[PDB]
Protein chains: 4
Amino acid sequence: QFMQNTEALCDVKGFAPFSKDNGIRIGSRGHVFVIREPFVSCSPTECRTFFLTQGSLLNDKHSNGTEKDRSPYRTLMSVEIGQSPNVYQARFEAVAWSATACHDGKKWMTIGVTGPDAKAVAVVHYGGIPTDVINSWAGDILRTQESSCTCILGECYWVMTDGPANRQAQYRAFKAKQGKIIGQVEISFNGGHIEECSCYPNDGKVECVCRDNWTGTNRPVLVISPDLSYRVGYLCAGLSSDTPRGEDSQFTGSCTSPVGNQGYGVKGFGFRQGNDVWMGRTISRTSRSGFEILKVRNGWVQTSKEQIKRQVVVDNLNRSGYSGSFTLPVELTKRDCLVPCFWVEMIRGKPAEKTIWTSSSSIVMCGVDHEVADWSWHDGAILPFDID
Amino acid sequence: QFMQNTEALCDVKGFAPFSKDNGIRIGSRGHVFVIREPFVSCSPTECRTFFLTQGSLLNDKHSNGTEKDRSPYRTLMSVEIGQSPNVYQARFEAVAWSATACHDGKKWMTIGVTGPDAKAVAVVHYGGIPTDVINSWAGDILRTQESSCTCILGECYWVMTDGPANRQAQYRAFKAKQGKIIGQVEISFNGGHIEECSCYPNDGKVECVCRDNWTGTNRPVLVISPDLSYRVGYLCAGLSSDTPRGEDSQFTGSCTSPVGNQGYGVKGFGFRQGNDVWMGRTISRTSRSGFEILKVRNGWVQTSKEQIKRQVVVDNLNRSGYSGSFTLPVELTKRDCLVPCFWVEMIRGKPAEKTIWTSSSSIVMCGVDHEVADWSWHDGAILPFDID
Amino acid sequence: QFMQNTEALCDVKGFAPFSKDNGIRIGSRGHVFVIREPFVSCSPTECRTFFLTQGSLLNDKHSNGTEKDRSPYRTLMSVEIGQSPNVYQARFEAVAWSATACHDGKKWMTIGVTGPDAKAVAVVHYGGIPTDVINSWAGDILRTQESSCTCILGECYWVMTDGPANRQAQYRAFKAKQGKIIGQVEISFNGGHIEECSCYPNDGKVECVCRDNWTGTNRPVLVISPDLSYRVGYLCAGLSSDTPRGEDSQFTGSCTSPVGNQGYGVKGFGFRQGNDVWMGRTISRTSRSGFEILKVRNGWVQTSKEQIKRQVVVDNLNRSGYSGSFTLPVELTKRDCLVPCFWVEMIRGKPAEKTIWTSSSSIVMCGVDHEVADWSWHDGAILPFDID
Amino acid sequence: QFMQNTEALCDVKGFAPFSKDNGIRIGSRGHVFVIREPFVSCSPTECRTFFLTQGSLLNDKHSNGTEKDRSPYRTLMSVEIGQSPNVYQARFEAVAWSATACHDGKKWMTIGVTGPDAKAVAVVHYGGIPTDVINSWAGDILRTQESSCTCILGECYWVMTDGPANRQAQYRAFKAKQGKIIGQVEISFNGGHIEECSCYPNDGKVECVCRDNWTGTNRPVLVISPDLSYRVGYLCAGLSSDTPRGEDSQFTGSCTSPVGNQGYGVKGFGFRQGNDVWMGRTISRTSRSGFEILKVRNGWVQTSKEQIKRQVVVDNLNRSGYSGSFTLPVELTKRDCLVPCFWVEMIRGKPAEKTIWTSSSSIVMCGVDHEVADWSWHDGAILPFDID
Ligand SMILES: *[C@@H]1O[C@H](CO[C@@H]2O[C@@H](C)[C@@H](O)[C@@H](O)[C@@H]2O)[C@@H](O)[C@H](O)[C@H]1NC(C)=O
Ligand SMILES: *[C@@H]1O[C@H](CO[C@@H]2O[C@@H](C)[C@@H](O)[C@@H](O)[C@@H]2O)[C@@H](O)[C@H](O)[C@H]1NC(C)=O
Ligand SMILES: *[C@@H]1O[C@H](CO[C@@H]2O[C@@H](C)[C@@H](O)[C@@H](O)[C@@H]2O)[C@@H](O)[C@H](O)[C@H]1NC(C)=O
Ligand SMILES: *[C@@H]1O[C@H](CO[C@@H]2O[C@@H](C)[C@@H](O)[C@@H](O)[C@@H]2O)[C@@H](O)[C@H](O)[C@H]1NC(C)=O
Ligand SMILES: CC(=O)N[C@H]1[C@H]([C@H](O)[C@H](O)CO)OC(C(=O)O)=C[C@@H]1NC(=N)N
Ligand SMILES: CC(=O)N[C@H]1[C@H]([C@H](O)[C@H](O)CO)OC(C(=O)O)=C[C@@H]1NC(=N)N
Ligand SMILES: CC(=O)N[C@H]1[C@H]([C@H](O)[C@H](O)CO)OC(C(=O)O)=C[C@@H]1NC(=N)N
Ligand SMILES: CC(=O)N[C@H]1[C@H]([C@H](O)[C@H](O)CO)OC(C(=O)O)=C[C@@H]1NC(=N)N
Ligand SMILES: [Ca+2]
Ligand SMILES: [Ca+2]
Ligand SMILES: [Ca+2]
Ligand SMILES: [Ca+2]
């Protein structure tokens, strides 16, 4: 039986710690993969942590980062949520330097994108084998979520980008059923930029909160229906959630336009909560450091700056990275609704830190019906390592 | 089908060795987690060893114990009983520096407590995901068993503490059904102190034998019914079972009062045997060393000092630690009754020993119908290690 | 239920990357077996990577290659496709310095050949145990595919050789049902030489494209029917696919005769595509380096040199090795046809490279309905290693 | 459903190599347990290799053999046949310095014996938990097979010894059903000595071929019926199969008496083959080196020295050790009969070799319907190791 995921997303008051894998700590001595872009996604039986290795291990000569962010050795693998991304526990998924995965109730789907910059190949797997391919249509680093995709009535949905890092690119959503792409849509968004979407199911549609890497310190929101009609705009809330971003007191929300006058960004998430929203961001507006989650009243519908909750997960003295959304299935929680959860990546090493390598660890939070007190579940690795 | 666990506890004449994981020995070269508080608990299919890592490994720089007894890196994981708590065999359970786990016949429940001292969060998991949360209610190191909890008719029971280490604190029991707390009770015990309970099912109720960390060299007994009425007092037997404790010939039992004029303690267990009892304690009254089990006649009901059996499991030249209770399910043993078993932790390293780290190994004994001869299944690691 | 595999092979326009295990890279620090001859084969549930260890690990003193290409320590093991051939993930199959494996829909069959050169023993396993034996019939290095065998209606088929490396030998096919050899045929091929066949099912027969190690720069084709009648000849296409081979513009195809005036070779594959063919070969005509796949029009039936597609998988600056064929089952793909896939081995170390050891890694491609752009998924290990 | 194992043992013409785990080779760099006494036994699904660790690893300081042959750290564990006895693949069975295991069709039974020399405890496990205990009855190193026990109609049978190494001891057989000892028999054998039996099912009875450690260079045979009546005597064949033993031309068989004038021995096996026998022995009469198997005509019933087959498995330049018997179940082979198989242990290290440690590897042979050529599948580890 295929997962419905047509339930409303639960309205959540705080987030409880789910897991912490301590990858880098363990990887000081154990045999753990160098990774980046480690997202969480769930089947009806288990939550798995997916990650992109660089085909090398921590504390090995091959972790040296003379290589490309995309390389031939990179692969998408997985472990049960909470395990480190270690060699001996790892499930191979796809060849990939960008990916998305998600379970339809019967099987894992997975899409790893690899090949050259000018002509990337994304390969859909299903049941553990290649079932379909989507080639670069715009010739410039075909790419996708680096977080969970989203399946609704046994059909699966994901967002990809192809084009410039730093100016107008091109954006499609895809629709798959059992590893066969049965539909796509070209997403009109001129002046806006979309990458790395964080998507989750809500009341029968896919909702995404993505990264604008061109002009905007606010994140695009893309809401896609089963049949592929969509709405695109920006996160309405009167707070900024990208980094780098400006001050809060320097910032006016927009439902329709990137605001703030900066490039770059980072991947992140957020959850529609009726008309409200929970929105993650780094505590530093200049760096990938600290992580907070902010609940804003009416922030999904209006340029509100009514904050009603804030909850810190990583302190501003400690590294963070990417963050992304996912939901717990009803077959696991037995609820009326879909439980929202996020992961945070905690990037360690060069250039920030004086090592030859760069990796990432993670912690996973989930929505609960009781507020939850601040703390920091940071990465905690003592750098530099022996190989350095 | 949910486990009944309404059977009487079997009356046992001695204990047979079940397992020995040799964690520290193996961890001299293999990749094994630094741990403490490793308890045993069983499902209808298997017995698992749960433990709290410190997010580091043996013989790695991160085992250095500049960290807190509670830290952000600590997690609850598990392995099949008898496996070392090694990276590659480990099942992630919860983020935790204190925990309890137990199986209801369908799934594992688990509760890991983490967060700051002033405002801890305990998160109930069920089927491998967060299902509920109980925040610190008294603001001072929310905490629980570090041994198996107890499920009876698909409902699960555990004891937590919140408050001072060394004076009056506050004590609640909780009742869960499929990871949802459906009931709690505030345990009146003025002048007495309760932590780290060792609990097991017996004739339809939970029985616990706990740690008093304030005034008492005798252990509290808490017996809790399905509907959460309870009895609380002290282990009646005319022997002391905490450490530090006084002499035996200096000691008068009490059913109602801590006796002996000392603080601190250690976690331990014991089994009601009709009106008799089996009671573990360290052989040293001053240190966490050696381990014995003593059967006392009428010791559960009267301040008896009629010892009828004694069985040594670790010699007084060798380190011990915590001990705790659990039962074998009827689906595994095919008996009329619930088989009592205990584990013992064998704590190695600083401050006792000259190393940077501190860990724990374990051995597991179970009740059998034949007396069993003394011996020592001590930890056996040659210290100090290379990292030292 | 036994697999049919009576479907036609799908007509494929390009090949998508399936996996990359990065064995040697990972094996720089992780505990990975030294191997050679790593082929892929699939069951109705999963694709597995099989390989022949040399009973030693990477970066260990025992990888020193004073040993024989065939030795007593060599064994056939397996891992899920994409895992490195690491100790802790490895499934033991057979004792072997040559092997073939394949799934009949119920169980894995496997045949490992071991023993002395003059009197080898090949042992058929089935369900994970020895079920039958075929001894050397010609006294000179009994041997077989080093790739997947082929089961059709619950019956399994494989090709072996016994005789000289470099002159006329002797060639049998075998037919097994549930690990019991129920039929064999002596393959008349005077002047031709056959080793290491790459075989796959197509329209109810086994098709193979093999290695001639005596006179021929073209590969033999052997097509075997259920009842063991066969056709044998050479790959008709007007391109050469062995190495070492001559120039393309120096080369005339033959359906019936080895052409090109050289010894040695390498194992490789190819796919009948109606009357066309896909044919792998190394890009270097002198060395085991680079890997391409070429589609030739009418190349299965005529000495065509009409190339219609070419796709590079490993660049001519990088090592390759063996290649072999396999198909995805219908129980996995849900197609009308059998999906063709190949693996490539990427041999590293001595004598080519200045190390004491020699190993192999792999990448796996599969047939898809969209052309696919060139790139190189080479092995990427920085040599020499520490043990060197 | 419980296994019958009431079929006659198959009449076998040679033995084919089944597995080779290369434990010591792999253990030079990988994390593998120091072990001794590694036997094979099978369930309806799989063959497992059981072994007794010394709670330490290869190439670790703890492999130093200042310890006892029996120690507190020793444990019985298992791996799938062919895997090395490595930490990360190992299944914990029992605490043990002597053991026996065997599957009844539903579950594994296992008996590990531990505790002091003067008062050993043997603990029966079943389904992965302690179910029963047999204490030392004669006060002198209670002990058992170190090979597979034997279950017939869901009932299980094993032989133990208690008493002197080197003079008259005492010998019982036990009968278990689902981990509960339901019967035992005291085995009258005055002047004879019995240890370490190698037992297998045949035509509804247990047959064993054991070790006499007192006076006899011939092995005792014990045949035990379901209801525990038994026959005991010696291997009739006119060849000797213990080591140390005398010359063959110096030796007269006996059905009833130890012959040859020596102490010590080694564990080994043999198979009734109608009236004939296959009998293993070391090739050296003075040392644990080389291994052969000999088929003797009428050798089970008469003091025959008609040898009809011989097959070498390990050469006389290479170390051997213990050997033992087991059968493949009908649920795996689909035969009319029970397939005989043996394992051989290949003991490496001190005192023989200049190291601090001592371990064992293994190879497994099985009976097949075709003669099989000589060779040597010896252990192949280059000694001494780094820790030495
Ligand atoms: C890390 O790698 C550094 C740069 O290496 C050089 O450039 C790369 C692209 C390769 O071509 C490499 O083979 C070249 O040597 C080295 O300078 C440095 O030694 C490395 N450090 C360590 C610790 O391995
Ligand atoms: C163990 O750690 C000792 C104390 O470290 C110092 O204090 C802690 C809290 C950290 O701030 C650490 O970074 C500081 O240096 C060290 O003195 C000692 O070097 C360590 N020993 C080993 C073997 O790693
Ligand atoms: C690799 O092995 C080389 C050759 O070893 C010699 O010949 C082989 C067949 C054995 O008999 C071996 O024991 C002999 O010493 C050695 O010369 C060399 O030391 C080895 N290198 C390493 C790094 O182990
Ligand atoms: C191996 O062990 C040798 C003997 O050790 C001594 O006696 C044993 C029973 C223990 O008491 C031990 O602690 C004593 O030192 C040592 O002489 C030797 O150093 C050891 N060798 C290695 C390589 O560890
Ligand atoms: C395909 C690709 O390389 N994606 C990048 C991503 C990218 O640079 C920007 O979004 C520009 O398009 O940035 C980052 C990043 O840390 O910012 C990591 C991702 N790395 C990987 N997914 N491997
Ligand atoms: C929550 C907490 O830190 N619990 C402690 C416990 C505690 O110090 C006393 O019981 C005072 O309340 O003591 C000990 C101890 O060894 O005595 C270990 C436990 N460590 C862990 N559970 N991590
Ligand atoms: C049985 C055997 O040793 N087969 C060889 C094979 C062989 O040398 C030629 O085909 C001549 O018959 O060559 C090669 C090779 O790389 O060319 C590897 C194979 N190695 C292994 N299969 N182990
Ligand atoms: C219980 C015990 O220690 N059994 C011994 C066994 C024993 O010395 C003789 O049979 C005398 O009774 O000998 C040997 C041996 O190699 O000869 C190994 C066994 N070691 C272990 N099973 N651990
Ligand atoms: Ca931006
Ligand atoms: Ca106390
Ligand atoms: Ca050739
Ligand atoms: Ca003898």
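Throughout, protein chains are lettered first and strands after them, A, B, ... in sequence-line order, and every chain is numbered starting at 1. Both counts, for ligands and for their atoms, begin at 1 and track the order of listing.
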- Message: Got a name for the drug at ligand 5?
- Response: zanamivir
- Message: Trying to figure out what zanamivir (ligand 5) is stuck to here - the chain with the largest number of contacts. What's it called in the PDB entry?
- Response: Neuraminidase
- Query: Which other chains get a heavy atom nearer than 4.0 Å to zanamivir (ligand 5)?
  - Reply: A
- Provide the residues lining zanamivir (ligand 5) within 4.0 Å, heavy atoms only. A/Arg36, A/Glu37, A/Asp69, A/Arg70, A/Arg74, A/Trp97, A/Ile141, A/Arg143, A/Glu146, A/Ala165, A/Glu195, A/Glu196, A/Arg211, A/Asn213, A/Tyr264, A/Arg288, A/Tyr322
- Task: Return the residue, atom name and 0.1 Å-rounded distance of the protein heavy atom closest to atom 22 (N) of zanamivir (ligand 5).
- Result: A/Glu146 OE2, 2.6 Å
- Look at atom 18 (C) of zanamivir (ligand 5) and say which protein heavy atom is nearest, naming residue and atom and giving the distance to 0.1 Å. A/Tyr322 OH, 2.8 Å
- Query: Who's the nearest protein heavy-atom neighbour of atom 21 (C) of zanamivir (ligand 5), and how far?
  - Reply: A/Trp97 O, 3.3 Å
- Check whether any N or O atom of A/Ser98, backbone or side chain, sits under 3.5 Å from an N or O atom of zanamivir (ligand 5), and answer yes or no. no
- Query: Does the protein put any heavy atom within less than 4.0 Å of atom 7 (C) of zanamivir (ligand 5)?
  - Reply: no
- Numbering as shown, the atoms of zanamivir (ligand 5) that approach A/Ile141 to under 4.0 Å (heavy-atom distance): 1 (C)
- Item | Source species of chain A (PDB) | Influenza A virus (A/harbor seal/Massachusetts/1/2011(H3N8))
- Item | Shortest protein contact, atom 10 (O) of zanamivir (ligand 5) (heavy atom only) | A/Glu195 OE1, 2.9 Å
- Looking at atom 2 (C) of zanamivir (ligand 5), what's its closest protein heavy atom, distance included? A/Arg70 NH1, 3.9 Å
- Closest protein heavy atom (residue, atom, distance) for atom 16 (O) of zanamivir (ligand 5): A/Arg36 NH1, 2.8 Å
- Any N/O of A/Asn213 closer than 3.5 Å to an N/O of zanamivir (ligand 5)? no
- For atom 17 (O) of zanamivir (ligand 5), closest protein heavy-atom neighbour: A/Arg288 NH2, 3.0 Å
- Among protein heavy atoms, which lies nearest atom 20 (N) of zanamivir (ligand 5), and at what distance? A/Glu37 OE2, 3.5 Å
